[PDB]
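Drug present: pregnanolone.
Numbered from 1 within each chain, the chains take letters A, B, ... in sequence-line order. What you see below is based on every heavy atom in this structure, not just the backbone, and it leaves out hydrogens, waters and symmetry mates. Both counts, for ligands and for their atoms, begin at 1 and track the order of listing. Determined by electron microscopy, 3.1 Å, according to the entry header.
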Amino acid sequence: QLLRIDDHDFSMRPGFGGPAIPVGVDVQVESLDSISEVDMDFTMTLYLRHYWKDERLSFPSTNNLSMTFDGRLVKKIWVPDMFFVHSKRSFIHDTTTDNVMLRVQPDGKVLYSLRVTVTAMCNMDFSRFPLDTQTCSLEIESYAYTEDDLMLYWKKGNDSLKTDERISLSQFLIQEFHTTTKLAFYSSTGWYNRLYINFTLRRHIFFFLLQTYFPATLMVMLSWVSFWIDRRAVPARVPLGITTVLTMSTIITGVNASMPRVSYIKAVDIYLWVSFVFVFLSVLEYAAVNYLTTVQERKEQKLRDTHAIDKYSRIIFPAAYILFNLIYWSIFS
Amino acid sequence: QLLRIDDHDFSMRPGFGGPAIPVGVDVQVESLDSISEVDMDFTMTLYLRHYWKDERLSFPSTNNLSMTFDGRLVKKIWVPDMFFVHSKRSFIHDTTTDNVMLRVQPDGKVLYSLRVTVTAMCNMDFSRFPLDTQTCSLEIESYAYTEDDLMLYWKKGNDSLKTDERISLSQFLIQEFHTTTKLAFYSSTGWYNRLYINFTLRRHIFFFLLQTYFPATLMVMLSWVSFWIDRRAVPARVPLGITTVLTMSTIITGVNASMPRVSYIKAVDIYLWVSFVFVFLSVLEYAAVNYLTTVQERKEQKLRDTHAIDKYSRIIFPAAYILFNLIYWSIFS
Amino acid sequence: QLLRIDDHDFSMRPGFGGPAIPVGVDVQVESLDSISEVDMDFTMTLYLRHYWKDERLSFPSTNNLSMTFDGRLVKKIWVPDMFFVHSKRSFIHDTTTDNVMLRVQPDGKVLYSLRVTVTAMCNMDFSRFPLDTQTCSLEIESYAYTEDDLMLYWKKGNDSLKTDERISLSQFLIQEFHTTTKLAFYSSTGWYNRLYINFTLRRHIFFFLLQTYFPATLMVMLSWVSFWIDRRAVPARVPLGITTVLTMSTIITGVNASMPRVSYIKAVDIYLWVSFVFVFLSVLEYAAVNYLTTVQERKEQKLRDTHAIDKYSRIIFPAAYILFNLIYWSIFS
Amino acid sequence: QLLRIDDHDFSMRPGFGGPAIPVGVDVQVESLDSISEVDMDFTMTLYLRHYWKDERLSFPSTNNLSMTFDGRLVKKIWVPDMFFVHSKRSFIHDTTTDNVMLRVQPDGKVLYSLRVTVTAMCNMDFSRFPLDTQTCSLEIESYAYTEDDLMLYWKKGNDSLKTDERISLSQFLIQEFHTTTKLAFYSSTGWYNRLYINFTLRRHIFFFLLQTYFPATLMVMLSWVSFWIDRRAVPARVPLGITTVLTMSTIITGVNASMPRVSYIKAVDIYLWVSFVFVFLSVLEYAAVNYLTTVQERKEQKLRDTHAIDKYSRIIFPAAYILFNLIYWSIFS
Amino acid sequence: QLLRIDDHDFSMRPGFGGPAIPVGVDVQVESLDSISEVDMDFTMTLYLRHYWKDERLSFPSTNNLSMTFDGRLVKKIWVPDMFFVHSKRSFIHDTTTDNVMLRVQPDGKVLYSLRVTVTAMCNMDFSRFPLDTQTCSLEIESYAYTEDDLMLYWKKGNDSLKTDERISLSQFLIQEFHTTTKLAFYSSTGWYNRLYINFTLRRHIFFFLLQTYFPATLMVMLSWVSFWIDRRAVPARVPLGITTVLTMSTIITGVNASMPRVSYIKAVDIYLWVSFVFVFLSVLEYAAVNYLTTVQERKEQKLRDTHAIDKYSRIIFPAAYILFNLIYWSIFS
Ligand SMILES: CC(=O)[C@H]1CC[C@H]2[C@@H]3CC[C@@H]4C[C@H](O)CC[C@]4(C)[C@H]3CC[C@]12C
Ligand SMILES: CC(=O)[C@H]1CC[C@H]2[C@@H]3CC[C@@H]4C[C@H](O)CC[C@]4(C)[C@H]3CC[C@]12C
Ligand SMILES: CC(=O)[C@H]1CC[C@H]2[C@@H]3CC[C@@H]4C[C@H](O)CC[C@]4(C)[C@H]3CC[C@]12C
Ligand SMILES: CC(=O)[C@H]1CC[C@H]2[C@@H]3CC[C@@H]4C[C@H](O)CC[C@]4(C)[C@H]3CC[C@]12C
Ligand SMILES: CC(=O)[C@H]1CC[C@H]2[C@@H]3CC[C@@H]4C[C@H](O)CC[C@]4(C)[C@H]3CC[C@]12C
Ligand SMILES: CCCCCCCCCC
Ligand SMILES: CCCCCCCCCC
Ligand SMILES: CCCCCCCCCC
Ligand SMILES: CCCCCCCCCC
Ligand SMILES: CCCCCCCCCC
Ligand SMILES: CCCCCCCC
Ligand SMILES: CCCCCCCC
Ligand SMILES: CCCCCCCC
Ligand SMILES: CCCCCCCC
Ligand SMILES: CCCCCCCC
Ligand SMILES: CCCCCC
Ligand SMILES: CCCCCC
Ligand SMILES: CCCCCC
Ligand SMILES: CCCCCC
């Protein structure tokens with residue numbers, strides 16, 4: 001045996017009973033798997049690396065070069081106890097064997113690597129949906145050892161994070177990867193040090209335009225064609241107005257199926273409900289025209305063209321909706 | 001080896017054959033994950049801590065300070081056997097290692113911690129849905145040892161429960177965290193002691209207003225516009241009344257898709273079905289008007305304006321529906 | 001060590017090579033989780049207890065009282081091999097440790113307990129759905145040992161089964177818990193003894209009334225209003241009849257989504273399809289009225305009020321449907 | 001210890017370095033769980049038994065009778081290495097212990113049994129859906145040992161397969177269980193012997209008749225009522241024809257939701273699409289009638305009853321559809 | 001024991017501290033399970049084989065033939081550490097035992113085999129959907145050892161890949177299986193060698209023709225029948241045009257339910273939206289005809305047949321749509 005494993009008790013950390021042992025971390029992100037709006041979490045796959053020194057693993061050599069071991073020797077030596085804070089579920093790949101790397105230098109320096117998949121929560125805001133921008137983070141912390149026994153820091157500062165060029169999401173644009181560090185306090189155990197990985201996401205608006213914004217606009221313009229039809233065709237204009245109202249209600253209902261039950265109004269809800277009001281006022285407009293015409297006929301009868309409401313509605317209704325779009329798209333850009 | 005583990009048989013609890021061993025518990029809640037109405041359960045993630053004393057783990061030292069071990073020594077010493085009563089499923093996180101903490105003082109005091117996710121059942125009541133308030137609880141009990149062998153109590157009374165400030169639910173408001181204690185009896189094993197964690201939830205009404213209450217009101221008001229149309233347009237008023245009835249039926253059906261098949265009427269069902277009656281009576285109203293007009297024409301013919309029903313319906317129908325809303329919102333607030 | 005475990009080979013049952021060893025069973029039901037109509041199975045959580053005697057586990061004492069062990073000693077002694085027959089999936093809870101209890105008396109009597117969740121199949125009949133009553137059972141049997149080596153019986157007869165007062169199902173009513181016993185034969189291994197747990201379930205009819213029976217009745221009564229409208233309004237009565245037919249077809253389709261593809265007619269199908277016939281005959285009725293009127297006009301023209309069909313339909317159609325309901329609800333109660 | 005396990009190295013099969021060792025197999029089927037059309041696989045639960053001889057397990061006795069061991073001794077002796085070919089997933093039940101039986105005779109004969117659940121693929125054909133008949137099979141083969149080291153055969157020929165009388169499927173009829181045997185060749189490892197279990201399935205047509213065939217026929221007959229209505233009611237006959245076309249399209253769409261995206265036409269698709277053509281031609285028929293009537297009026301006007309198309313359509317349309325059904329049901333029976 | 005396993009430490013690879021050890025790979029594909037457009041991944045089942053030499057496993061013999069071991073000896077010897085890059089999830093079958101083969105020759109040559117199921121991501125493009133062609137690949141790489149310690153290559157070059165003749169997909173056509181090799185670099189660990197398996201997929205167009213292209217064409221031709229109806233029937237032509245617009249909108253909405261929310265327009269979207277424009281212009285066409293007729297009547301009145309727009313529309317509208325189809329199918333073939 002090259003290493004004298006059997007001659008030491010590895011239940012105690014290096015420098016037991018003394019100062020803390022420094023540990024460095026490197027991370028390479030492989031891919032982001034999925035994002036859920038209803039559950040408000042994301043899935044990430046990454047490579048995690050650790051650096052430390054242990055004099056008990058020293059062996060004699062003349063080349064002074066790192067040597068690689070099969071990786072099942074890990075379960076017999078001391079290893080850090082990092083865990084992902086605020087995670088929902090995670091696992092380590094084990095095909096065809098445990099994805100574990102162990103390299104030991106002659107002086108005792110140790111390199112340890114893993115391949116894990118982690119699901120973590122992210123508090124998203126949907127006030128500006130679907131034109132919103134979201135920021136999420138991943139947290140790494142040691143579970144058992146406090147800052148007085150283990151010091152956790154990035155190995156090379158800002159250069160310790162790498163990303164694969166194949167990272168891509170169909171619905172989101174990924175940007176601004178950076179790392180930060182902060183302390184954490186638990187009231188009954190002590191102080192701990194945390195590491196952060198931050199990134200930003202931006203949606204794509206093309207799908208929502210074709211699916212929601214364009215059908216809504218067309219249904220509104222369908223109601224405007226009733227102002228150019230003769231008012232004597234009562235069974236022709238009434239069904240046109242009513243059916244557009246019901247179809248607009250169907251479009252409104254279908255949008256909410258894919259989103260969580262938030263307690264505030266979203267940007268898309270404003271567009272849909274104002275459009276519903278425009279179609280609803282179209283139905284009331286003809287009822288006023290029909291009622292006034294009948295009253296006039298009876299008044300003229302008791303003595304023994306285009307109605308002004310229709311003439312003005314052809315101009316006011318298109319003008320108001322255009323003004324609404326100008327204001328709406330100026331606020332949400 | 002610092003601890004004389006091999007010199008003792010840890011298959012027997014401390015004080016075996018004598019009085020009970022006291023055990024203290026501390027809990028910190030991390031987050032609540034999800035709530036299911038159809039399955040009537042909730043998911044919680046928390047940190048669980050235990051306190052006890054064991055003289056067999058004593059070691060000599062001069063500093064009199066707690067020492068931390070890697071946590072894989074737990075499987076070789078005596079550990080309590082707590083379990084969650086009335087739980088459906090649960091697990092312990094194990095990445096990158098088992099989330100276990102073990103700290104032993106020189107005199108033998110032991111601190112043990114875990115990170116678990118538990119799903120537990122809750123009997124909810126939906127009589128006042130969606131304006132309901134629900135209360136749920138989590139129960140902790142020892143499986144194997146009765147009160148004559150193990151005493152279970154909160155470590156610091158009311159101060160033993162802590163909550164993270166990031167706990168949030170999109171649909172519910174969380175309040176009133178407190179802890180209680182009660183005994184339990186099993187007819188064939190004996191008496192046990194239980195610990196409780198209680199909290200309260202309140203829904204948000206904004207989503208249900210826009211989705212159910214507002215579309216229902218608009219469809220009712222669509223039926224009222226038929227009272228202002230000339231009664232000679234038979235193919236104009238009949239389709240208007242019929243189509244609103246069918247659309248109201250569609251709205252009623254869609255609501256029940258998201259709820260369990262309870263055997264009592266809910267608050268939302270009352271609003272929807274009374275609205276359906278209002279629209280249904282609108283269809284019968286014109287049929288009476290049409291029939292009476294035809295009878296009058298034949299009666300006048302055999303001898304060789306606005307009908308009174310329409311005139312009164314314009315006032316009675318809006319007044320009745322307003323009175324219903326006043327009573328309905330006064331009862332359910 | 002209190003027990004002389006190392007001095008015996010526990011690969012052989014007590015009384016090896018001789019008469020059978022009696023084993024007693026006690027069960028306490030905790031809850032029933034879910035019932036699936038499409039898969040025809042149910043989920044149950046329960047506590048399972050075993051009783052037997054083994055002289056190899058005797059230890060000296062003066063108090064003659066049961067002693068409790070941590071439960072990880074189970075994997076080193078002989079334990080019965082019970083399994084659930086006709087089960088689909090099952091598991092044993094293991095948080096924070098294996099839910100196992102082991103108690104040994106000085107003379108060698110052993111008490112063993114477990115907490116398990118079991119899914120088992122049940123052959124349900126839906127001929128009278130949704131007014132049906134279903135009976136299901138759970139079976140317990142030893143896998144390896146026949147009746148010549150192990151005798152299985154209830155510990156206290158009818159008193160061996162206990163149920164939690166919190167057992168409840170939202171859609172079903174649970175009643176009539178009792179236990180029975182019967183032998184089983186396998187053609188290639190021998191005879192075995194089985195234990196049974198039986199219970200009965202009854203549905204709640206409130207949900208199905210509001211969801212299926214009430215909308216169906218209202219759509220039929222909508223078709224009857226066409227008999228009171230003037231027959232000269234052809235474009236008014238034709239759409240009314242046609243649209244009710246299509247809506248009734250939609251209601252029929254939606255019911256079958258939640259049920260398995262059985263090969264026999266159910267009680268709810270009878271109500272829906274007879275209702276469809278009533279609406280369908282309404283459409284044919286006006287076509288006969290319209291055709292006869294046109295023929296009469298041409299006959300009178302070639303020589304140079306209310307039609308009798310409408311008058312009789314106002315009485316016959318409501319009377320027939322009322323008679324159908326009287327017969328239908330008298331058979332299915 | 002009755003068996004001299006420690007005196008032998010069980011890493012080598014019996015008769016190592018010599019002729020092959022015969023192994024017999026018996027199977028008893030317990031139930032079939034589910035069948036998936038989209039994934040094209042089935043789930044089966046069964047008992048698997050093995051027979052062989054090993055002189056290293058002999059023990060002295062005077063009774064010459066089989067003795068049963070607890071089953072955890074299996075992990076210390078040589079056991080065959082059978083696996084299920086073309087399986088997707090499978091597992092062995094382990095509650096409350098591993099479902100393993102081990103019986104050894106004095107001369108060394110060994111009986112070994114297991115309880116497993118296996119999911120296996122089946123290539124189904126849907127050309128005659130839903131009147132199709134499917135055949136599937138389950139394959140058993142040894143993984144490591146070729147025919148020169150292990151011979152695999154059925155223990156008792158045709159009598160080696162047994163089935164439980166409780167096997168039942170709600171949608172399928174199960175028949176014709178039988179077993180066969182065939183050799184298999186792998187280009188880089190050698191020859192192997194396989195065992196087969198075959199069965200046949202037949203669907204139930206009742207559900208599809210009520211759900212698809214009956215609604216389709218009724219919608220076609222609804223279009224025929226327009227031939228008996230006066231041709232002067234243009235706004236009465238046009239909506240009747242159009243609405244039946246759209247409803248027929250809805251019925252066609254709903255059927256394909258439950259089936260995989262095959263690349264050939266099915267039997268049910270033929271019925272639905274021919275029915276759509278019949279309804280579509282009804283709409284074109286009235287357009288021809290309306291156009292010819294207007295032309296005739298203008299021709300007669302410029303000089304200063306029932307149309308023949310309607311008269312013939314009342315006979316030709318019902319006759320053609322009846323002939324189609326006679327041919328359709330004669331081919332597919 | 002035939003092998004001297006206990007006399008060596010298998011935590012170090014063969015040739016430790018020296019040149020790299022060559023490893024050969026063979027693959028046989030069994031089946032492809034499923035393809036997901038929303039998640040952009042595929043599932044594959046395959047057999048993986050490894051070849052290497054280890055002098056520590058040599059044993060004496062006179063026949064010079066491969067010997068097969070039960071496969072549980074794998075966990076005690078050195079085995080490569082291959083893993084699938086860019087995979088989402090995977091597992092190894094373990095019924096009725098681990099699907100592992102181990103064969104060792106007298107000189108130390110080792111053959112190792114596995115049966116695994118792997119899910120891997122594939123970046124698909126839907127610009128030409130549903131007439132698109134997709135290419136995907138599977139990557140194999142060693143996790144722990146770099147090119148200086150382990151050399152990875154195909155055992156027999158182009159002949160190392162085999163496929164089962166039963167591989168089939170209902171919606172796709174599989175072709176062009178081939179293998180390639182390329183190096184990979186990680187910035188913090190070194191150089192690695194990768195192996196690739198490539199294949200191509202082509203969709204079947206039959207389903208999409210009947211489901212989307214044919215219903216869209218028929219609805220357009222329904223709007224053309226309004227040009228042959230007398231223009232004095234205002235309540236007859238207006239509902240015909242309006243209802244076809246709404247039905248076309250429904251067809252457009254239903255298509256997008258099964259596809260991911262991409263940010264570019266697809267081939268099917270072009271056909272659907274141009275068809276919607278054709279139906280929309282039909283509604284505006286009659287409004288122009290109706291308005292001009294009313295103006296002409298008033299102009300002639302104030303002084304005290306077929307309109308030209310309808311005559312030309314009968315020719316221009318069919319001609320334009322035919323030209324569009326010729327261009328559309330010439331580009332996308
Ligand atoms: C006087 C007049 O131009 C009539 C025509 C349609 C009528 C409205 C129809 C819908 C409502 C009916 C309700 O009964 C009274 C308020 C509402 C809003 C009516 C107010 C009076 C209107 C506007
Ligand atoms: C006399 C009269 O104003 C007629 C017009 C509409 C008629 C009702 C239509 C629906 C029902 C039809 C049924 O055949 C008899 C009861 C019902 C409720 C009828 C009662 C008499 C009414 C109210
Ligand atoms: C003579 C008469 O009162 C006509 C009016 C509506 C007609 C029915 C319409 C539907 C069917 C059409 C089919 O072409 C012939 C049978 C069916 C059932 C017709 C038979 C004759 C009826 C009943
Ligand atoms: C001359 C005549 O009886 C007219 C009445 C309806 C017309 C058809 C309406 C639908 C189509 C419209 C298209 O513009 C020309 C072909 C189609 C098929 C027309 C051909 C000529 C028809 C059949
Ligand atoms: C002058 C004329 O033939 C009228 C008949 C229908 C009218 C159109 C109806 C829909 C739109 C209504 C809007 O108010 C103005 C633009 C739009 C597009 C109208 C422009 C003028 C048209 C085309
Ligand atoms: C239907 C009219 C749409 C007008 C959009 C104008 C966008 C202006 C953004 C500043
Ligand atoms: C449509 C009329 C709604 C009136 C609501 C009044 C609410 C009063 C609450 C006390
Ligand atoms: C619509 C008429 C319903 C009549 C129900 C009568 C029930 C009688 C049960 C014996
Ligand atoms: C609607 C007419 C249906 C006729 C069915 C005839 C079946 C004959 C099978 C040989
Ligand atoms: C409805 C007219 C369809 C014409 C299709 C022509 C296809 C030509 C492909 C080159
Ligand atoms: C849109 C409302 C117009 C009202 C015009 C009234 C002119 C007398
Ligand atoms: C809403 C019903 C009004 C009935 C009025 C009758 C006046 C003669
Ligand atoms: C419901 C059918 C009534 C037929 C009455 C015929 C009277 C001549
Ligand atoms: C169904 C088409 C009938 C055409 C008859 C034409 C008689 C002149
Ligand atoms: C389709 C538009 C035709 C316009 C023709 C105008 C002839 C005066
Ligand atoms: C009268 C012309 C109205 C145009 C509105 C944009
Ligand atoms: C006649 C006016 C009625 C108003 C109802 C609120
Ligand atoms: C003519 C009155 C009919 C009443 C039917 C219940
Ligand atoms: C007037 C005949 C038009 C034909 C269009 C294809």
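All instances of pregnanolone together account for ligands 1, 2, 3, 4 and 5.
Contacts with pregnanolone (ligand 5) are greatest for the chain named in UniProt as Gamma-aminobutyric acid receptor subunit rho-1. Other chains in heavy-atom contact with pregnanolone (ligand 5) below 4.0 Å, by letter: A, E. The heavy-atom binding site of pregnanolone (ligand 5) at 4.0 Å consists of A:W224, A:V225, A:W228, A:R314, A:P318, E:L284, E:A287, E:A288. Source organism of chain A in the entry: Homo sapiens.
For chain A, the UniProt-numbered transmembrane segments (first one at the N terminus) that bring a heavy atom under 4.0 Å from pregnanolone (ligand 5) are 1, 4.
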